[PDB]
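Each chain gets a letter, A, B and so on, in the order its sequence line appears, and its residues count up from 1. Atoms within each ligand, like the ligands themselves, are counted from 1 in listed order.
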Amino acid sequence: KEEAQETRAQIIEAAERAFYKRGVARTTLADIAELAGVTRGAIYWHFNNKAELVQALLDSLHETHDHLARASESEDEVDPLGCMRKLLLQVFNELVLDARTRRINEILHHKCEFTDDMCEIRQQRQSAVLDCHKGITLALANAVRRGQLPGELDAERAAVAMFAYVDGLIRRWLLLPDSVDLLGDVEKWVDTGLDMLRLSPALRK
Amino acid sequence: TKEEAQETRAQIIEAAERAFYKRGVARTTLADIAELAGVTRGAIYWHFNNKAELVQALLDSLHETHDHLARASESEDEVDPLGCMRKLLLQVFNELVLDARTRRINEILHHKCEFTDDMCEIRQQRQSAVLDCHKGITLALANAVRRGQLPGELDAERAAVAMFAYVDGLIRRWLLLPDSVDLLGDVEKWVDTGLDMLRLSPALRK
Ligand SMILES: O=C(N[C@@H](CO)[C@@H](O)c1ccc([N+](=O)[O-])cc1)C(Cl)Cl
Ligand SMILES: O=C(N[C@@H](CO)[C@@H](O)c1ccc([N+](=O)[O-])cc1)C(Cl)Cl
């Protein structure tokens, strides 16, 4: 029950609407609280500040891909590349179909400044990205151990090349959706990225 | 013409950069730049109507340093369009790593500028600019295909979107975590990796 565990989910939903409408920079807890139907104190009970909320939205994105990620990263996975290809297809699908994922991504890329007032936001991002980076490198190592991608493949650099590509593609669809048939052509887009990892000599040390 | 005005504009723009960088585009009024640049408010209004007008000016300063190579790389009469495109991206990354002004505007563009219904002109311009850039990379690519620099069957369109995506994300990665990408030392590698995808990826063909 009680007071309400699910109040925490109600506050997050309102934080999404507020951030999407006014942007993170100019949203205050008061705004969010009025929007949720609660008091600032009810927000303070779940979050110590605005950075914590942003954090929660960020963190929510990882859930849906949890299993597919852990799969690719694991040593005992027979088909590590196959899991990464699967995950990317999910990432792009969730992005195109789920208004929730779209909005949080929109907030993250286009509605969330990095300013000296909440270095917390930029810090959250940095570590979030280094994390994702570590994960990516691990997967690349596994695909190599299994000869799914060329032997002496500079993992670190390919990881960055991957993340960059995917990241910029997401941001591109966000800015101009009707100029990237992301849904229909998911296969191509994902593979374009994947092809780079194996066919590109520049990524080979 | 009056040199007095041309100097005041150059000062508004310099201060906008320093402002937007520290406080961000969202919570920064034009009045704030007036005090920062040491100029009358109405003067900024003479120079720039709304804040979006200024942001636009910052975005613009970026294309100056590359206009030459960009044009060359698009020209149908250009003998080595892929070489041009290569040299251009090299000249983009160098200026990023070396020129603090360029780094700051990109940081503003990527990390300090929100899209809100209040200021929709910022998003519209941002869309306009990327469509501009887009049309650019397509011509260039097509010209490199036409000259057997790339695979004949390449899809210029998608290929352009891919490359831009790759270039845009890398810049951002470096702004967020500079001490990760040795963009200065490995510069040629990063430029090549992107290009390799354009010519080697079978998913980009047809
Ligand atoms: O799913 C995510 N990122 C995708 C799409 O950008 C991708 O970059 C990614 C691929 C593998 C990975 N690894 O399994 O942890 C993490 C992220 C985020 Cl939830 Cl980190
Ligand atoms: O970084 C920039 N442009 C990138 C976009 O990917 C660069 O790759 C580019 C610029 C112009 C261009 N066109 O004019 O030929 C093509 C690519 C500008 Cl914002 Cl300075």
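- Drug at ligand 1 (options tolfenamic acid, atenolol, lacosamide, diphenhydramine, chloramphenicol): chloramphenicol.
- Of the chains near chloramphenicol (ligand 1), the one making the most contacts is recorded in UniProt as HTH-type transcriptional regulator TtgR.
- Using a 4.0 Å cut-off on heavy atoms, the other chains next to chloramphenicol (ligand 1) are A.
- Applying a cut-off of 4.0 Å to heavy atoms, one finds the binding site of chloramphenicol (ligand 1) to be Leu61(A), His62(A), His65(A), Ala69(A), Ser72(A), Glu73(A), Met84(A), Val91(A), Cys132(A), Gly135(A), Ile136(A), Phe163(A), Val166(A).
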